[PDB]
Asks: 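Lab note: Taxol/Tubulin beta-2B chain complex loaded, questions to follow.
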Amino acid sequence: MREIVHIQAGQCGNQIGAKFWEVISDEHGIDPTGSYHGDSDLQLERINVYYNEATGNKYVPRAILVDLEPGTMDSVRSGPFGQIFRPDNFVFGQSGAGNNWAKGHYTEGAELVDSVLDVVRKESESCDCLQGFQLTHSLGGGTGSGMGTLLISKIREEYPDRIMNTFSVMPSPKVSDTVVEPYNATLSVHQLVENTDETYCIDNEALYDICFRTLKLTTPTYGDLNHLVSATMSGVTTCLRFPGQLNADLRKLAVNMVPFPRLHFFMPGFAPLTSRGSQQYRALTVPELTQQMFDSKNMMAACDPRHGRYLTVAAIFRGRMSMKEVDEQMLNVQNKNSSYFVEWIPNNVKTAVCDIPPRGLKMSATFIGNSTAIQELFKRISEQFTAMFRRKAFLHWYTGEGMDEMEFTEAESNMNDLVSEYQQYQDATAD
Amino acid sequence: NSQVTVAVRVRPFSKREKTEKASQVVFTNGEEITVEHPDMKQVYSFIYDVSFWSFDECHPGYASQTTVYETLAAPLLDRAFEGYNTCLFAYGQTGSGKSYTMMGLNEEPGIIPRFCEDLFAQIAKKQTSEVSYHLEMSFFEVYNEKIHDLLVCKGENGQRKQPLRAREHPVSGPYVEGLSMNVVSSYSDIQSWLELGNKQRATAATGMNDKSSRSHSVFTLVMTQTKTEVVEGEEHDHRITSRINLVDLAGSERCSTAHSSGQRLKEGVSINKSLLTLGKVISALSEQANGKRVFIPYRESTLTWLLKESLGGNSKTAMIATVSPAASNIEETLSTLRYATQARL
Amino acid sequence: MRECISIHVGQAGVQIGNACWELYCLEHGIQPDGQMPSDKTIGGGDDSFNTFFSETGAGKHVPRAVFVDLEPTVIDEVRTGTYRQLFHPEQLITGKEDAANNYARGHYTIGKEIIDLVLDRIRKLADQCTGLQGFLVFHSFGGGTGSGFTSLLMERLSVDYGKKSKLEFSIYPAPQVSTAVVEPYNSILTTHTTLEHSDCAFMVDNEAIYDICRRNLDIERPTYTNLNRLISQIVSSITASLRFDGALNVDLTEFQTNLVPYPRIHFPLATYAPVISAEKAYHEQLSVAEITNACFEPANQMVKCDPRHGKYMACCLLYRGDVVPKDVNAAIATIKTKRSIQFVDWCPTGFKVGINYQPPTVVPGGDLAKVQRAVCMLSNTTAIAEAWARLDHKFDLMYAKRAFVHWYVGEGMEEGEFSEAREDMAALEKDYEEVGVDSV
Ligand SMILES: CC(=O)O[C@H]1C(=O)[C@@]2(C)[C@H]([C@H](OC(=O)c3ccccc3)[C@]3(O)C[C@H](OC(=O)[C@H](O)[C@@H](NC(=O)c4ccccc4)c4ccccc4)C(C)=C1C3(C)C)[C@]1(OC(C)=O)CO[C@@H]1C[C@@H]2O
Ligand SMILES: Nc1nc2c(ncn2[C@@H]2O[C@H](COP(=O)(O)OP(=O)(O)OP(=O)(O)O)[C@@H](O)[C@H]2O)c(=O)[nH]1
Ligand SMILES: Nc1nc2c(ncn2[C@@H]2O[C@H](COP(=O)(O)OP(=O)(O)O)[C@@H](O)[C@H]2O)c(=O)[nH]1
Ligand SMILES: Nc1ncnc2c1ncn2[C@@H]1O[C@H](COP(=O)(O)OP(=O)(O)O)[C@@H](O)[C@H]1O
Ligand SMILES: [Mg+2]
């Protein structure tokens, strides 16, 4: 019985999870009363991953909700699927972080992470075997960064032999939603790079462009954007909740996708994504999905994989398939696009298939790629950071809550000392 | 080109081994070190830039304790006074000759007593009213990637060895927050400090000898030299610092043959991860001192991180690999030689 | 009566196991509940066969199998599938977590906590046996369980049982196709240990069986449910002389003796030539000559390595069905006339023959056809010396940067183990080269 503890901190995490618990339920036939009104019988078999049994054959999810304010917690209750969450797990406080990383890590997050670990130890010690922890948070809002990273540290000190897969929304290149995204993102990188195993970088601009070019959506709300992140989060845990011809899990994918322990930042992706009208004009096959997933337009990381080399790609297929087709296709990609792959790593691609696909698709797919192009996302922040730090602009709010310039220098150094490690495998040379 | 120099030493048979007529499994072609099985099917050959045959006392090319110092550590004692950092590493397993080579016996001293007599003698022959020399030191340990000081007594409790923190000062570099930095005038102080530290070190009894080093130990000497090129105003302006680290690493310990669970296993994992990173670093350094551009993953172990400024740059690194010449312990020797070969490559 | 214990490991061995018992239960008349409605015909005799199935006094037949997976996904499908009433409930799910494609998890870290449950279950199985001759381990070169747990279990069975045959059926890693980045490492780590214990490792390659299913069965979208059946037919051809009557009966120690000259070169390939469908069941007469010529075609091998880039050392043609030995004599005469099939100077005979009167069975839902005769060719070949070289080249690059190694160190492996494993492989290519040299 492999079991995941889901933590979600901040408005981004609380409003992605609020869609993830709506999707996994649909996939398992659970209703907002926690009952079971499904049709198949493989759902209940491996439901212990995300859910816990209760008295009247009711299933309560292992949610640990720690947004630093009270508005996000109230929206989840006054909401569709909110009457299944454990009431003693709606942990919160008042007057949140202030878009400050420090308030959520030293001042106001230190007064509340003990109350959260009280739930973590209470939902982890009720497990026959635990696989890891699943955080959904934001980089660029303080609370998610701070109160997420401190929590990551505490769990990797208490539970060091477990996975800590993170789903983090990164700041976007063109336009920002906070003037302190650079600082908070760097400071969170310094505490994630050292305390993670597989981090999944998400960006909202790539999601807007997905909604625009593929889905032909011109009024996409954040529910539409989280509907795609839920899909990937789900697909990572399909070969732990449903049978398959070739199974994987968090640790197998980690072993295959992390050559060195710091290159655990991945471009995610999902297929078949299509417009509602252009679904009667194409066939649902593995070549179509390979052509959709290996396209720069279906990235969700705001980085062009043609500006770099794929170090290690993965593919978690869902549906009734033929593994020859997957092998042939993931060989054709690596033979044609050899320059976009790395030479000292012969098979750059991993495959995995499940027999139980989503509610309305004959087959689905999911994609995780480690690429040097992610350095761009970092190379930008360090350019922002070093500007704002060269003039000490917004720092009298970070120092007031007990910090030093050294914590900024360290993190900026670490970021560039990750850019270097991604750029040591980004030059076009030959053997 | 000699950014890194790795040397291997073959300690002679123990008296019990001599009584047992234990077969010899390591031979010389002067420079090469060949390892022949007791079956003599496959023979493995290793080549390093410096080899110390100390198996007999009659072989032409016998390396005693004075041919070790004069060949590896004294050039680092003289790269210090030029102001440039130095490192010395010691790898080996139990019974290999690590303590005999680094510290030594009372009749036969090693590197530390010779370094910390020659240095203080060169200071008694170079110090004037113009130039002055100051030595400080520390002595700390790595245990499961947690720094721990050893020159402080405990707080009289069941378990308390305080974990400290590594921090990157922007100009100087990595350092430890809480490190005792005591002054030293002669070896009579270093001896007492080391005798106090090595008993607080971490040492367990697994299915091997019942005293196994489960920690890396770093031991530093910061030499600051002040000079007065006199000009009316402020004097003793010049200040050159040189760090001389003398690190004593632990053994690899594969866990299959030495069935372990719990803490012993967690120590083995750390000791092996650290050495993997260290060998990767030493490889990648010589790989850039031989006309290339690469990245050194310093930030994967607390040892490679804190010795970042003493390993690379204008620094100079030396490493001694100790191996036994008996067939009772032969995979330890093969792994030891293979590690040093990776370093040399 | 003879007995042979089958030991299935990992997703590949357990899934391959599902096809072998699906085939044997039909060759013997057993239903998935374990019952046997063929005894009403005779009311006695030995239509049940103790080489595979033990019998109770109630009229139920239980296979001599052990399914250890260190994960529950695949052994739960048997516990819930069509064969839940056949297997004794001790199918070792164990498996809090899997080996994460890591030798270091399946060998020591997570391989312990379950192996003593396997050896205890295996000890119970050979005490019910009178004439135990051999083990049949079905695993996979490339995984973590199939790489490490097999190694551990073989190291333990060589201690406990000792003078007992131990035949491996392994999915050799393919040159081009791969489903993991850590297959070269795990393969070269499994061989290091298994080479001193195992006695004959029959290799298969999925990239070859795919092309076979394409060119001969006319399947353009094949899956593993179809290849596992071909492998079931192979093991049925090996395990036939212990169950059915014949002319030249071949025990299991004969493979150990007529195919392994030296105790390191024991990695033979495998074939099954009549891989035709019901469409092309006609338009073909299916004689011994056509079959024996097919088995030595470079295409119809179940592994991808040209026999013309090397020389044959030993061959073993297990025939089944309507075969008269004059036909086999003529067939083998035809190959020695051909120059493409080149043989070592130190083996002028070079062939073995085995014939059996029970033809192969056709599963419903199957792609193969009904045939009055069939053949399995198991050949040792120097061709594999390239395949080994390819794997070694894959190992030489990644280990030159210590990629993926902290995942192994983190679960109890030393760096020198990787180097020690490579050395053993350099010393196996030299052996093949040493075998290819002509006498003087
Ligand atoms: C007949 C038909 O094809 O309708 C499809 C449909 O039109 C498409 C476009 C669906 C549709 O999805 C969207 O329109 C959409 C819009 C914005 C953001 C995300 C999705 C669909 O809504 C989505 C929905 O997909 C599912 O049924 C899965 O179960 C999906 N559902 C949910 O996520 C879900 C969320 C909340 C409550 C219940 C279910 C899913 C996907 C991945 C993992 C788990 C579940 C289906 C069949 C469709 C509609 C309904 C039009 C697609 O959805 C996905 C992610 O698979 C969008 O492109 C795919 C391809 C489908 O063809
Ligand atoms: N022929 C065949 N090969 C398979 C099958 N399933 C998996 N494989 C092969 O097995 C290889 C991967 O090994 P796995 O079996 O997945 O690893 P494992 O033994 O399951 O060990 P784990 O790490 O615990 O999963 C792949 O190269 C697959 O092609 C199967 O049903 N038939
Ligand atoms: N994808 C997505 N991103 C969001 C959502 N809400 C907020 N974000 C992002 O998350 C950040 C908000 O930070 P937040 O943690 O809510 O600030 P806080 O309330 O002070 O902790 C912004 O940079 C947004 O880009 C959402 O619903 N979906
Ligand atoms: N070159 C050498 N000459 C003489 N004795 C040696 C030599 N190398 C090792 N020894 C002997 O080995 C013995 C034990 O080894 P030791 O120095 O304790 O290594 P370790 O501390 O790693 O066990 C010592 O008593 C020492 O005399
Ligand atoms: Mg498996």
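Below, chain A is the first sequence line, B the second, and so on; all start at residue 1. Start at 1 and go down the list; that is how both ligands and their atoms are numbered.
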Asks: State which chains or ligands correspond to Taxol.
Replies: ligand 1
Asks: I'd like to know the other chains touching Taxol at heavy-atom distances under 4.0 Å, if you can.
Replies: A
Asks: Considering only non-hydrogen protein atoms, determine which one is nearest to atom 18 (C) of Taxol and report residue, atom name and distance to 0.1 Å.
Replies: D224(A) O, 3.2 Å
Asks: Nearest to atom 55 (C) of Taxol, what protein heavy atom do you find, and at what distance?
Replies: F270(A) CE2, 3.5 Å
Asks: Considering only non-hydrogen protein atoms, determine which one is nearest to atom 38 (C) of Taxol and report residue, atom name and distance to 0.1 Å.
Replies: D26(A) OD2, 3.3 Å
Asks: Heavy atoms only: which of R318(A), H227(A), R359(A), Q279(A) lies closest to atom 62 (O) of Taxol?
Replies: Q279(A)
Asks: Check the entry and name the source organism of chain A.
Replies: Sus scrofa
Asks: Does Taxol have any atom that is closer than 4.0 Å to a heavy atom of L225(A)?
Replies: no
Asks: Just to be sure I read this right, does Taxol sit under 4.0 Å from the backbone of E27(A), its side chain, both, or neither, counting only heavy atoms?
Replies: side chain
Asks: Among all protein heavy atoms in this structure, tell me which lies nearest to atom 27 (O) of Taxol, with the distance rounded to 0.1 Å.
Replies: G360(A) N, 3.3 Å
Asks: Identify the closest protein heavy atom to atom 59 (C) of Taxol: which residue and atom is it, and at what distance?
Replies: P272(A) O, 3.2 Å
Asks: Is there any N or O on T274(A) that sits under 3.5 Å from an N or O of Taxol?
Replies: yes
Asks: What residues, by chain and number, sit within 4.0 Å of Taxol when only non-hydrogen atoms are counted?
Replies: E22(A), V23(A), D26(A), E27(A), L215(A), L217(A), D224(A), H227(A), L228(A), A231(A), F270(A), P272(A), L273(A), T274(A), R276(A), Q279(A), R359(A), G360(A), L361(A)
